[PDB]
Structure formats: C-alpha cells, structure tokens
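Inspection log for the structure reproduced underneath, given as structure tokens.
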Amino acid sequence: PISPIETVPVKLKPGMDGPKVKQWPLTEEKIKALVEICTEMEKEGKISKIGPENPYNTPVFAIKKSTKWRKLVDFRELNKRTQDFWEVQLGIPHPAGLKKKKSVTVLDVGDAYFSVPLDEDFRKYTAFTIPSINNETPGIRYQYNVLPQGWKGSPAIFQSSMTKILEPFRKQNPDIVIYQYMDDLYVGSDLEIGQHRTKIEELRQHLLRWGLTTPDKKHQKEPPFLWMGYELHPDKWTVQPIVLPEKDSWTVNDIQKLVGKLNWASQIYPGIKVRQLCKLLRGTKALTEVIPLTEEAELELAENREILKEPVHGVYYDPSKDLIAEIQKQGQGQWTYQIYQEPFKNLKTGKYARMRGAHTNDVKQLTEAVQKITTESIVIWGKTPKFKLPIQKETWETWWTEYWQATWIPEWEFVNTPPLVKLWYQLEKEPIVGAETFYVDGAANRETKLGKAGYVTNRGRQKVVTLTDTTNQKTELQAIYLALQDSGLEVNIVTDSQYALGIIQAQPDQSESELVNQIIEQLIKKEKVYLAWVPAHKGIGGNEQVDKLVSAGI
Amino acid sequence: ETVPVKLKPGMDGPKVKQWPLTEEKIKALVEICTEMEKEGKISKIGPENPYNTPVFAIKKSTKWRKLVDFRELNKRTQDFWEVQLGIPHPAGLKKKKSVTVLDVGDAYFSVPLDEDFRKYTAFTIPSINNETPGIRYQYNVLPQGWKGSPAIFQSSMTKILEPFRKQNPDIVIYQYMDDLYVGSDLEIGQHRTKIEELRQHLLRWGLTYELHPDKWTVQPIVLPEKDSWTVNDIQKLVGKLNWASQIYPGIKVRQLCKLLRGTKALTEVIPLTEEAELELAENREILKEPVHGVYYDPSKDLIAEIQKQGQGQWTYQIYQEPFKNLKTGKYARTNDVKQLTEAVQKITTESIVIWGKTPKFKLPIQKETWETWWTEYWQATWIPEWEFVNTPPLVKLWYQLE
Ligand SMILES: O=C(O)c1nc(Cc2c(-c3ccccc3)[nH]c3ccccc23)nc(O)c1O
Ligand SMILES: Cc1ccnc2c1NC(=O)c1cccnc1N2C1CC1
Ligand SMILES: [Cl-]
Ligand SMILES: [Cl-]
Ligand SMILES: [Mn+2]
Ligand SMILES: [Mn+2]
C-alpha cells in the first residue's frame with residue numbers, strides 16, 4: 001500500500017535546481033531486470049511514467065543479489081541539492097532505562113519507505129531513466145511517488161509519518177508502550193497473554209488502515225530481540241553474545257576488536273579490565289602487525305575471560321525506587337561502577353578511565369567519575385542517583401573547599417570499599433620556622449636542548465646540575481626536585497615559575513611525567529613543605545642568586 | 001501585521017542540540033507548551049524544519065517557567081536587533097539610587113512573528129532515554145529571550161510608556177531583552193509607589209527585584225596591614241604589587257624590594273624602612289580608585305572572570321582586554337555551583353545596567369558540572385555566553401579579600 005498520510009513538503013536548497021545527471025548505458029540483462037522491477041513498482045503506484053518535458057534525471061543501476069536483481073538509484077546529486085531535515089539520529093534508549101513488561105512484540109513494516117508518499121511538488125526532481133539497449137532509442141522515464149531508498153529525506157520523513165500514525169493509537173492505549181526504530185516497532189504491555197495478542201491485532205489493523213503492512217502472529221519474531229548490540233527479553237537485558245578468540249598470535253586488528261568487545265560488555269559485566277590490553281596498542285601502526293601479549297595483558301585477558309564465563313543480565317527500571325550508584329577504584333586511573341535499585345541487582349555497570357590533563361589526584365578523578373555517572377543517569381532515567389563512594393566526608397570536603405575550582409555532587413555517603421581515596425600529602429599554608437629556605441631556578445637553550453637546574457639556600461648551601469634533552473619548564477621542575485632531595489623533613493621552597501607552582505599546588509598524586517611522579521614521592525616523604533612564588537628578575541633576594549647560577553653558559 | 005526579519009549575510013539558522021532534562025522539567029514543558037499551542041503562540045512542526053534551539057525549565061514561586069536558550073539565534077540575528085533596530089542604552093540609569101527590574105516578556109506573545117522567520121525558532125521537548133521522538137514546535141509570535149523581540153516591539157513600548165515618562169521626567173526606563181529597568185532618585189517608599197504605577201500602565205497592554213547602582217563601589221585590591229613583616233610577607237606583597245603595576249599607573253615597589261636583599265629565611269622578621277612604608281601607603285591610595293586610562297569600547301565584547309575565594313566568597317573582574325579592568329567586585333553567599341550561578345546572574349545584571357550588554361563569562365568549573373546544575377538555580381530570563389577555565393592560583397591570591 002501507500003499510506004494516505006499527508007505528505008511532508010520538501011524543497012531544494014535556496015539557490016539550486018534539480019539534478020540533471022546523464023544515464024550511463026547499461027548491459028541488456030540489467031536493462032531487463034530494471035524494466036521488470038519498474039513494471040511492478042509502477043503497478044503498485046510506487047513510481048509513475050513521465051514525459052520528455054521533465055528536464056531532470058538521476059542515474060539508476062541494477063545488481064544481482066542469490067539469483068535476484070535489485071534496483072539501485074544513485075541519489076548523490078539530488079541529495080546534494082535537497083534541503084537539510086530534522087535530524088533523526090539523535091540517540092537511542094539504553095536498555096537499563098526501560099521498564100519491565102509482561103510481553104513485548106516486534107512488528108516490522110513491509111516495504112517501509114515505499115509505503116509513504118512523497119511531496120507531490122517534489123516528485124519531478126526524482127525522475128530517472130531506464131536506458132534503451134545501446135542507447136539507440138529514448139529511455140523509459142519514471143519519477144517516484146513514494147520515499148525513495150537512498151534519498152536524504154527518507155529516514156526522517158518515514159519516522160515522522162510513523163509518529164503521526166501512531167498518535168491516535170497511543171492516545172487510546174496510554175498503557176501500551178511503543179518504540180520506533182527504523183522500520184521496526186517494539187510493543188510492550190502488562191496485559192495477560194490473551195489480551196496482549198488482541199492489542200497487537202488492533203495495532204496491526206490500525207497500521208494497515210494507514211497503509212502499513214506487518215507480520216501476523218505466525219510470522220512475528222520470538223524473544224530475545226537483537227537490537228543495537230543488545231539482546232532483550234521483556235524482563236531482563238544483556239549485551240549480544242561475545243566469544244573471545246583463543247589464539248597464540250594477536251594482530252593489532254585482533255587486539256582492537258577484542259578491546260571494543262570488552263568495552264562493550266563492561267556496561268553489564270562488572271570488573272571488565274582493558275588497561276593492559278590498551279597499552280599494547282601504544283604507538284601502534286600496522287593493523288597486521290602481531291603484538292606479543294605481555295604477561296600482565298595475558299593475565300588481564302584471563303581475568304576477563306573468567307568474568308565472561310557465565311551469562312550476566314541487567315534488570316529493568318522501577319520509577320518508584322531510588323537509583324543507587326557505587327564506584328570503586330580498580331588500579332591507577334581506572335574506576336568502575338554499578339547502578340542498582342535493589343542490592344545487588346544491577347540495572348547497569350560501567351568503567352571510567354580518563355585523565356583530564358597530565359596531572360590529577362584521586363579526589364579529582366573520583367569527582368569526575370561522579371559527574372560522568374550523573375550525566376548518564378539524567379539521560380537514562382531522567383534523575384540523579386544516590387552515590388556510595390570510597391571516600392570519607394572529611395577527605396572530600398577538606399579538598400574541595402580548599403581547591404580553587406568549583407564543584408557540587410549529588411547526595412552521597414561513604415562506603416568502606418578499599419582502596420579508599422585519600423590525600424597523600426598536604427602543602428603547608430604558612431612558611432615553616434626552622435626549616436631551610438631553598439630558592440630554586442632553571443634554564444635551558446631553545447636550539448641547544450640543554451640547560452641547568454639548581455638552588456641556593458639561606459643556610460649557605462648551593463648546587464647546580466646539567467640537564468640534557470630538557471625544556472625551560474622541565475628545568476623548573478628539576479630544580480624543585482633538587483631542593484626536595486637535598487633538604488630535611490621540613491623545607492620552604494621559593495620558585496619563580498607559575499608553571500611549576502600551578503602543578504604542585506594542585507596536590508597531584510599521579511602524572512604522565514616521571515619527573516612529577518618522582519617529586520610526588522618526595523612530597524609524600526616530607527613532614528612539611530611550604531611552596532611560594534616570586535617574580536623573576538625583580539632583584540629578589542635569593543632568586544637573583546640562583547638565576548645567576550643556572551643561567552651560566554646558557 | 002508583521003515586521004520582516006533577516007538573518008545576517010549568508011548565515012543559516014541555529015542547529016543546536018537539545019540538552020537532556022530531568023523528568024519533572026519535561027512534564028512542566030509539556031503542559032506549558034500544550035497550553036501555548038492551544039493559544040496559538042506556537043505550532044507543531046515537521047522534519048522539513050531542520051533548525052533547533054535548546055529549551056529549559058526554571059522555577060521562577062513554585063510555578064515552572066519555560067526558558068528558551070536563543071544565544072545562537074541571537075548571534076546570527078545581530079545585524080537585525082543591533083544595527084537595524086538597536087535600543088539605545090541610557091548612561092543615566094547607573095547613577096540612580098534605586099533600579100527595579102520588571103519582567104515584561106508576556107508583552108511579546110501578542111505580536112505576530114514574520115512568517116518566513118518562524119522556522120528559525122524551532123525547539124524540541126525531549127523524552128527520557130530517547131524512548132519517543134521529541135515534540136517539535138516553532139513560534140508564531142515574538143518569542144521571549146530573542147533579541148529581535150524587544151527590537152520589533154519597541155515602538156509599541158515607547159507608545160506604552162509615553163504618558164508615564166511625560167509625567168515623571170526624572171525616571172529612567174530601559175528595556176533589555178525581556179526586562180524593563182526603572183531607575184529613580186526617590187526615597188525607597190516613593191520609588192515603589194511609582195513602580196506600582198508603572199505596572200498599572202503596563203497592565204492595560206497585557207505586560208504585568210531592587211538594585212542600588214550608586215552604591216556599587218570598586219572592590220579594591222587589598223594590601224595587608226601588618227603588625228610586623230616577614231620575608232615571606234614582603235615577598236607576597238611585592239608579587240601582588242608587581243601584578244598591580246600591570247594595571248594601575250604609578251604603582252611603586254623599588255623601596256619595598258630593597259628589604260629583600262640577600263638569600264634570607266622566609267620567617268625572618270624584617271622592619272620596614274620609613275620610605276618603603278610610604279611607598280606602601282601610596283600604592284594603597286592608588287588601589288582605591290578606578291584604573292586611570294580604561295574606557296568602555298562599544299564595538300567590543302565584555303568579558304567577566306570569576307575566582308572562587310573560599311568560605312562563600314567570590315571575586316570578579318569585568319574587562320574587554322585582560323587587566324584593563326572596567327569593573328572589579330565581589331559576591332558573598334554551602335553549594336559552590338549555586339553560589340557561582342547567583343554571582344553570574346548578579347554580574348550580568350550590573351553589566352546590563354552599566355553598559356547595556358552582557359559579558360562572556362570565564363567560569364572556574366568543569367563544563368559538565370555546570371551544564372548539569374546551572375538550571376537548578378537559574379532565575380534570570382536571559383543567559384550569557386560562557387566558557388570554562390582553570391583559575392591560575394596567583395590570580396586568585398592577588399584578588400583576595402580580608
Ligand atoms: O622561571 C621563569 O618562569 C622565568 N621566566 C622568565 C621570563 C621573563 C620575565 C619575567 C619577569 C617577571 C616575572 C616572570 C617572568 N621577564 C623577561 C624579560 C625578557 C625575557 C624573558 C623574561 N625569565 C626567567 O629568567 C625565568 O627564570
Ligand atoms: C529495543 C527497545 C527499545 C525501546 N523500548 C523497548 C525495546 N525493546 C524491548 O524488547 C523491550 C523489552 C522490555 C521492555 N521494553 C522494551 N521496549 C519497550 C517498547 C516496550
Ligand atoms: Cl618525564
Ligand atoms: Cl544591590
Ligand atoms: Mn625560573
Ligand atoms: Mn631564571
């Protein structure tokens with residue numbers, strides 16, 4: 001059928017005419033296939049024959065499936081010239097946000113696009129031509145009366161048509177839940193098996209009234225349904241079956257695929273780990289290069305294969321209950337979480353493993369994970385979960401009220417799931433009496449890649465080192481690193497590098513730079529460290545001295 | 001009849017994605033938009049309109065209120081509302097003892113919108129978890145939050161306010177977006193009587209918060225007043241003053257720096273020399289006044305930076321080029337995001353009163369966190385442009401309070 005729904009008005013782009021691409025000459029068998037296909041389409045009203053006056057054309061082709069031919073229309077020129085449409089690809093539901101149902105039925109619409117009418121005033125622009133044999137005579141000309149396959153507007157127009165058609169039915173059956181995806185409909189209810197079937201029948205009849213055919217009960221697929229990499233029953237969901245290969249040799253291609261599969265499973269299998277596997281891809285080039293698994297990657301894989309050994313499903317959402325989100329630290333930079341309404345029946349799980357910058361601490365990371373989960377929760381359930389975090393109220397509060405960036409997180413409470421996040425050191429707020437004062441500095445040359453780092457002290461001491469393969473910034477961190485190694489358990493340090501100050505001041509506990517990591521070790525060793533800053537070349541006390549020192553020969 | 005509107009040269013409509021919203025806000029918008037549609041204010045639209053502008057709900061009272069984020073449409077309409085139909089900003093407003101802000105947005109819904117422009121005002125009410133397609137509308141009348149609305153409506157507004165202005169020649173009334181700012185020098189009681197009077201005038205046409213600008217004072221950079229001074233103290237002082245000198249002509253540190261001779265212990269006490277003490281007094285004297293030499297340029301954007309100071313305190317500066325500060329200030333009062341939201345609204349209100357423009361904000365917070373929470377506390381009917389930054393620890397320090 002062709003739906004009697006009103007058409008969507010369509011236009012070409014402001015300063016543009018319809019396409020006029022010349023039809024390529026085709027072999028005889030393909031001309032035959034097309035004549036036969038179009039003859040049928042014509043009889044069903046999908047296309048109409050047109051005259052010579054219509055100046056537009058778009059190339060058509062035919063391709064043997066099997067022993068069946070398919071009609072292909074190359075709509076690039078038309079698509080280039082067609083207006084933009086309201087985006088259809090705006091997001092899909094996550095299964096964990098769905099509500100449990102007694103029954104869910106899938107109905108696919110037959111010849112979906114061809115069952116929806118195209119704007120009358122726009123049909124002319126879709127003209128195509130079946131070429132005569134060796135192009136001796138004029139070709140047979142048709143234009144479309146329905147949404148063509150491969151045309152820009154089809155997806156969006158089909159979906160908006162389906163929505164209008166469903167509208168009265170939804171108004172009449174408010175407790176029936178329908179989800180539209182491409183040419184499928186998922187129809188769920190809490191009715192008993194008999195009345196559910198009846199309701200499906202009414203939907204089909206309503207759909208048919210509007211030109212849309214669907215499979216009858218005999219031909220309807222049985223659960224679980226495969227969709228978007230998930231597998232769905234009325235009462236639980238999981239990801240599609242994943243089989244991890246057993247192989248001696250792993251190419252970059254294999255490892256990339258394995259990591260994607262593991263990342264995908266991690267939305268319902270708790271504890272999935274991919275860090276060690278990912279390190280294998282570092283600076284990785286040829287997809288065919290074999291990468292020897294490291295012992296750690298080999299164990300990680302095994303630990304994963306074990307987690308995947310037996311099926312795990314997520315449960316659906318109950319809107320009358322709170323969401324609970326728990327987070328655990330796994331390794332460094334690695335976080336894991338689970339979301340449930342009754343312990344411990346997970347709606348979904350997840351992992352967070354992102355470094356925002358080169359330098360952070362665990363308190364900042366945990367807060368970032370909370371934010372990520374919070375955004376996700378709004379999307380999926382339209383509300384915020386209550387968190388259980390492996391951090392003490394005081395630890396978190398000391399940190400954020402002191403730090404210069406703002407934050408807020410939803411309601412939460414401490415849960416004793418080691419490892420706990422703590423502050424590994426705290427810089428003093430005031431300078432330290434009876435602690436040696438170290439003035440530090442550093443230099444390097446822009447075309448030398450060489451430089452120096454050193455310190456001068458109020459107790460008369462000094463030192464300068466030579467650095468190879470270093471920047472003006474790296475020397476600044478080296479100097480502070482020097483001051484720390486050579487000082488007692490309490491030290492005051494004066495830098496003129498806002499750069500170095502910025503870093504240390506944020507109280508990092510991990511870093512991409514090994515220099516910084518080394519400094520972090522020192523800071524954790526000290527009993528007290530005060531760090532202060534002064535402007536370079538203001539002729540300040542000990543700063544001038546050390547500047548002098550390290551700048552020699554540079 | 002409608003006024004024809006055009007986008008700027010070769011610019012296309014906005015195509016901004018709708019943000020995810022909580023359940024309660026979606027319900028609110030649904031009911032608000034159903035009623036608006038019944039009343040002809042908006043109509044449902046099809047997929048042949050590819051434009052979109054985000055929409056939010058705010059709690060205004062316990063009555064939800066639709067807020068459309070027209071920031072992008074505004075940017076793409078600037079030739080129209082600014083150069084073609086600009087609304088002049090009175091320099092007198094900021095000098096008034098009292099300024100009351102009135103919401104006159106309801107006015108716009110009685111003026112039809114140019115039919116060919118309606119498509120650009122498309123918006124979408126989303127569903128939770130993308131379970132159903134969003135509900136799509138566009139406007140048939142002037143929309144609240146679009147800078148085109150007051151520009152188009154202004155000749156009607158002039159006619160509306162004409163009797164009131166004639167009868168109270170010393171009262172200054174200024175329109176910015178959905179609001180009316182009304183300033184006078186009357187005792188607080190008499191001012192309020194005049195505002196109620198104005199509302200009666202407004203009410204005849206379907207149009208239905210107190211500031212005190214002449215009590216806005218520069219927020220000086222503060223110099224410590226010390227009993228005795230350590231090398232650390234003097235080192236901090238010189239750093240701070242050195243930065244100040246990049247802003248204020250005349251700032252001197254020569255004398256103060258003399259004290260910092262030799263490689264000395266941070267906690268060592270060191271007596272001030274009588275001339276350093278003088279140098280200090282003079283710098284302190286300069287830091288009280290506005291920066292000599294900084295003037296507002298009407299062809300340039302305003303920028304506003306904010307620093308979190310701790311304990312519910314916040315500092316901010318407004319400039320068009322860093323450290324050419326046009327204005328510096330503070331906000332006071334814990335929920336960091338709620339406070340920042342409040343400070344942003346306050347800073348924006350002052351900029352409208354002072355210059356007739358909103359600043360682009362530099363916000364000391366992670367993007368996602370702000371995006372998640374700002375609408376929980378937002379009450380204003382405009383939204384400034386913003387971006388997110390990491391405050392340099394020294395900037396915070398140098399603008400510290402006492
Ligand atoms: O450590 C730094 O960041 C560092 N930076 C510089 C860069 C620098 C400053 C400067 C003046 C006051 C405050 C900060 C920088 N003034 C300069 C004048 C000319 C060239 C370079 C500089 N020069 C140094 O000698 C130095 O040690
Ligand atoms: C793929 C999909 C997307 C969105 N919703 C659903 C489905 N499919 C289901 O099988 C499903 C399962 C359980 C509950 N709702 C479901 N439905 C809803 C319609 C009844
Ligand atoms: Cl390194
Ligand atoms: Cl005030
Ligand atoms: Mn330096
Ligand atoms: Mn130096």
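Numbers restart at 1 for each chain; the letters A, B, ... are given by sequence-line order, proteins then strands. Note: hydrogens, waters and symmetry copies are ignored here, and every other heavy atom, side chains too, is used. Note that ligands are numbered from 1 as they come in the structure, with each ligand's atoms numbered from 1 the same way. Per the header of the entry, the method used was X-ray crystallography, 2.1 Å.
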Chief contact partner of ligand 2 - name in the PDB entry: Reverse HIV-1 reverse transcriptase p66
Drug listed at ligand 2: nevirapine
Other chains, non-hydrogen atoms under 4.0 Å from nevirapine: A
Shortest protein contact, atom 8 (N) of nevirapine (heavy atom only): A:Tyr186 CD2, 3.4 Å
Residue A:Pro234 vicinity, atoms of nevirapine by number, heavy atom under 4.0 Å: 13 (C)
Atom 18 (C) of nevirapine: nearest protein contact (heavy atom, Å): A:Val177 CG1, 3.9 Å
Identity and separation of the nearest protein heavy atom to atom 16 (C) of nevirapine: A:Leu98 CD1, 3.8 Å
Enumerated nevirapine atoms positioned under 4.0 Å from heavy atoms of A:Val104: 9 (C), 10 (O), 11 (C), 12 (C), 13 (C)
A:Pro223, portion touching nevirapine at heavy-atom distance under 4.0 Å: neither
From A:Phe225, A:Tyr181, A:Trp227, A:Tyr316 - option closest to atom 1 (C) of nevirapine by heavy atom: A:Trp227
Protein residue, atom and distance nearest to atom 2 (C) of nevirapine, heavy-atom basis: A:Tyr179 CD2, 3.8 Å
Atoms in nevirapine flagged as close to A:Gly188, the criterion being non-hydrogen separation under 4.0 Å: 20 (C)
Organism of origin for chain A (entry): Hiv-1 m:b_hxb2r
Closest protein heavy atom (residue, atom, distance) for atom 14 (C) of nevirapine: A:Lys99 O, 3.4 Å
From B:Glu131, A:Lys100, A:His233, A:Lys236 - option closest to atom 13 (C) of nevirapine by heavy atom: A:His233
4.0 Å heavy-atom contacts with nevirapine: A:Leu98, A:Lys99, A:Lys101, A:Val104, A:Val177, A:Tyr179, A:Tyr186, A:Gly188, A:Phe225, A:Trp227, A:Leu232, A:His233, A:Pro234, A:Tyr316
